[PDB]
Amino acid sequence: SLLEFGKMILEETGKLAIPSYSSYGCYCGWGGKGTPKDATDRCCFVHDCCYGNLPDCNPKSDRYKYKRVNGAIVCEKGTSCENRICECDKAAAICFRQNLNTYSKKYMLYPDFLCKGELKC
Ligand SMILES: COc1ccc2c(c1)c(CC(=O)O)c(C)n2C(=O)c1ccc(Cl)cc1
Ligand SMILES: CS(=O)(=O)Nc1ccc([N+](=O)[O-])cc1Oc1ccccc1
């Protein structure tokens, strides 16, 4: 569920998923199309890409459980949809953490028309 992801995001970056990440660039939050504007945007692209490999799971509403082993995010055994979802979120969390230094606010609330071009996952 978005609950676990959002929390994972906040612990990791200290920023709130909504709104620091729900509308960022071309891929954070909406998905659809375009060329990721930047590293964080790529994190969302590869994320939207991750959920794409689980066609029969429900990322937004299926709740999984994780723990921190000293700072590490550790997904706990759950259904397999739950496990594979959790891994996809950990990546994003990490990825965001790895590029906070270039998170730019000129991408917050980015208008859709500026998002065009192709990208295949
Ligand atoms: C390309 O990226 C995707 C693909 C599928 C997705 C999502 C994002 C999100 C999250 C979102 O992008 O809001 C949800 C909840 N998806 C599904 O549950 C889903 C369920 C049935 C089918 Cl047939 C296809 C997808
Ligand atoms: C997945 S969505 O429909 O594209 N919108 C949405 C996007 C991201 C997040 N979130 O917490 O990262 C939360 C989101 O939706 C919420 C809005 C209000 C309260 C809880 C979740």
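The first residue of the sequence shown is numbered 1, and numbering continues consecutively from there. Order of listing sets the numbers, starting from 1, for every ligand and every atom in it.
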> Mind telling me the name of the drug at ligand 1?
indometacin
> So what's the drug over at ligand 2?
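Its PDB name is nimesulide.
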> I keep wondering which chain grabs indometacin the most here. What name does UniProt give it?
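Main partner, per contacts: Basic phospholipase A2 VRV-PL-VIIIa.
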> In this entry, what is the source organism recorded for chain A?
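It's listed in the entry as Daboia russellii pulchella.
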> Please list every residue in chain A that UniProt marks as binding Ca(2+) and that has a heavy atom under 4.0 Å from indometacin.
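Among the UniProt binders, by heavy-atom distance, it comes to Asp48.
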> I'd love to know which UniProt active-site residue in chain A is nearest to indometacin and how far away it is, heavy atoms only, to 1 Å.
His47, 6 Å
> What residues line the site of indometacin at a non-hydrogen cut-off of 4.0 Å?
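Counting heavy atoms, it is made of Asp48, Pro55, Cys57, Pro59, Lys60.
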